[PDB]
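We number chain A the way the PDB entry does; in order, the residues shown are 144-451, 457-478. Both backbone and side-chain heavy atoms feed into the values below; hydrogens, waters and symmetry mates do not. Just follow the structure's listing: the first ligand is 1, and inside any ligand the first atom is 1.
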Amino acid sequence: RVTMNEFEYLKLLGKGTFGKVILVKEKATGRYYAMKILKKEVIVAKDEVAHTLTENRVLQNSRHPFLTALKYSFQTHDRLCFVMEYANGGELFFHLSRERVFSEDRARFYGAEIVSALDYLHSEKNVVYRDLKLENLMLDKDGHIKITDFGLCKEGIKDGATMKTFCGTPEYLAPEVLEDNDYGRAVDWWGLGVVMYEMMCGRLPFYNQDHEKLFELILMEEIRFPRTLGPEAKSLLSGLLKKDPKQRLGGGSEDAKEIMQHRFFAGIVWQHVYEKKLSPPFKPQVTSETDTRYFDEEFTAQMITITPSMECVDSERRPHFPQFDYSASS
Ligand SMILES: CC(C)NC[C@@H](C(=O)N1CCN(c2ncnc3c2[C@H](C)C[C@H]3O)CC1)c1ccc(Cl)cc1
């Protein structure tokens, strides 16, 4: 039976719109985790309840080498706590920022891992991820991808079933989402297109600081590439960033298999991707189990405290949530 008292709170790893993530040590075991901490009050007030419960569900129901693994979820009278594996390599942005562009080989390696994870979610879990953006990609201590943040997932989506919720970050929205006339699972391949584009090209495929103008570009503007980009990369990215999901790579009944067989991935053995038999091109150079070199000092410098008999309280501002009683089976 796990509570807040079972952990030592070490360093702030980041803050998002709805809460914060702390590097913790489980005292009993000496193991290190990233604890995501949400205020019930804030979740309720910002209408983030449904997303939070979706994230909780999808984490409990999924086991994949490239999806962040949940160890515990539990709740206090005022908090919801996700204890997850600590992705020691930080956010991919940290790296991509600094290096400007990844090589095609390194993007290919990350792209394959992301395809592997999305194929599992689509094929095995009937889940559409919907939130594929650079910010949701981290690296584990070995340099393998971890997709994080499952709040915008859609469950129970089998084959060609459609969704209609308008959601996702403005720069990353697929044309059919902006059309707002229903969309399907190929929205994830649009997202793979955008992140692989950022990795290889060093910038978003489409950008304007005005959203109306950004949305016009996403919908209408043909993709362009820096002229150093190799032909196969350009072919992959053009196929992923087709405006019409029916013409998009991965947009047909074969889903991920169409992307897996693209010649950009020639020579990749997909079972070996899954088994982590491809050596990462970058290994995080962390020197301890608590090294936070791949996290922003803006966050890690900050002080941590217990806030910034109530076991059964179930109020409107602070509900007693279902399924926050989770400890992964050993
Ligand atoms: C660019 C910035 C806005 N990014 C915000 C982002 C962030 O700073 N992050 C860094 C810390 N952070 C993580 N840090 C380490 N390991 C892990 C995570 C995930 C919880 C999954 C787990 O393997 C989460 C991502 C974030 C996301 C959600 C919350 Cl609640 C708090 C922070």
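Considering GDC-0941, GDC-0068, BPN14770, the drug or drug candidate at ligand 1 is GDC-0068. Short version: main partner of GDC-0068 (ligand 1), named per the PDB entry, is RAC-alpha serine/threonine-protein kinase. The protein non-hydrogen atom at the shortest distance from atom 23 (O) of GDC-0068 (ligand 1) is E228 O, 2.7 Å. Under the 4.0 angstrom criterion for non-hydrogen atoms, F438 is in contact with GDC-0068 (ligand 1).
For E234, every heavy-atom contact with GDC-0068 (ligand 1) shorter than 4.0 Å involves the side chain, none the backbone. When non-hydrogen atoms are compared, GDC-0068 (ligand 1) lies under 4.0 Å from the side chain of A177 (C-beta onward) but not from its backbone.
Near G162, meaning under 4.0 Å from one of its heavy atoms, GDC-0068 (ligand 1) places the atoms 30 (Cl), 31 (C). Shown in contact with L156 at under 4.0 Å from a heavy atom are these atoms of GDC-0068 (ligand 1), numbered in order with element: 10 (C), 11 (C), 14 (N), 15 (C). There are UniProt ATP-binding residues of chain A with a non-hydrogen atom under 4.0 Å from GDC-0068 (ligand 1), namely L156, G157, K158, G159, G162, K163, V164, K179.
Heavy atoms of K289 stay at 4.0 angstrom or farther from GDC-0068 (ligand 1). GDC-0068 (ligand 1) places these atoms under 4.0 Å from at least one heavy atom of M227: 20 (C). In chain A, the UniProt-annotated active-site residue lying closest to GDC-0068 (ligand 1), with its least heavy-atom distance, is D274, 9 Å. In this structure, chain A contacts GDC-0068 (ligand 1) chiefly via UniProt domain Protein kinase. Checking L213, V164, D439, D283 against atom 12 (N) of GDC-0068 (ligand 1), the nearest heavy atom belongs to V164. Of the polar atoms of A230, at least one N or O is found under 3.5 Å from an N or O of GDC-0068 (ligand 1), judged by distance alone. GDC-0068 (ligand 1) lies nowhere less than 4.0 angstrom from a heavy atom belonging to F161. For GDC-0068 (ligand 1), the atoms closer than 4.0 angstrom to any heavy atom of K163 are 30 (Cl). Comparing heavy-atom distances from atom 21 (C) of GDC-0068 (ligand 1) across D292, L202, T291 singles out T291 as nearest.
The side chain of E278, and not its backbone, has at least one atom closer than 4.0 Å to an atom of GDC-0068 (ligand 1) (non-hydrogen atoms only; side chain from C-beta on). Close approach to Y229 involves these atoms of GDC-0068 (ligand 1), each under 4.0 Å from a residue heavy atom: 15 (C), 16 (N). Within 4.0 Å of GDC-0068 (ligand 1) on heavy-atom distance sit the residues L156, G157, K158, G159, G162, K163, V164, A177, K179, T211, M227, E228, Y229, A230, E234, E278, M281, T291, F438.
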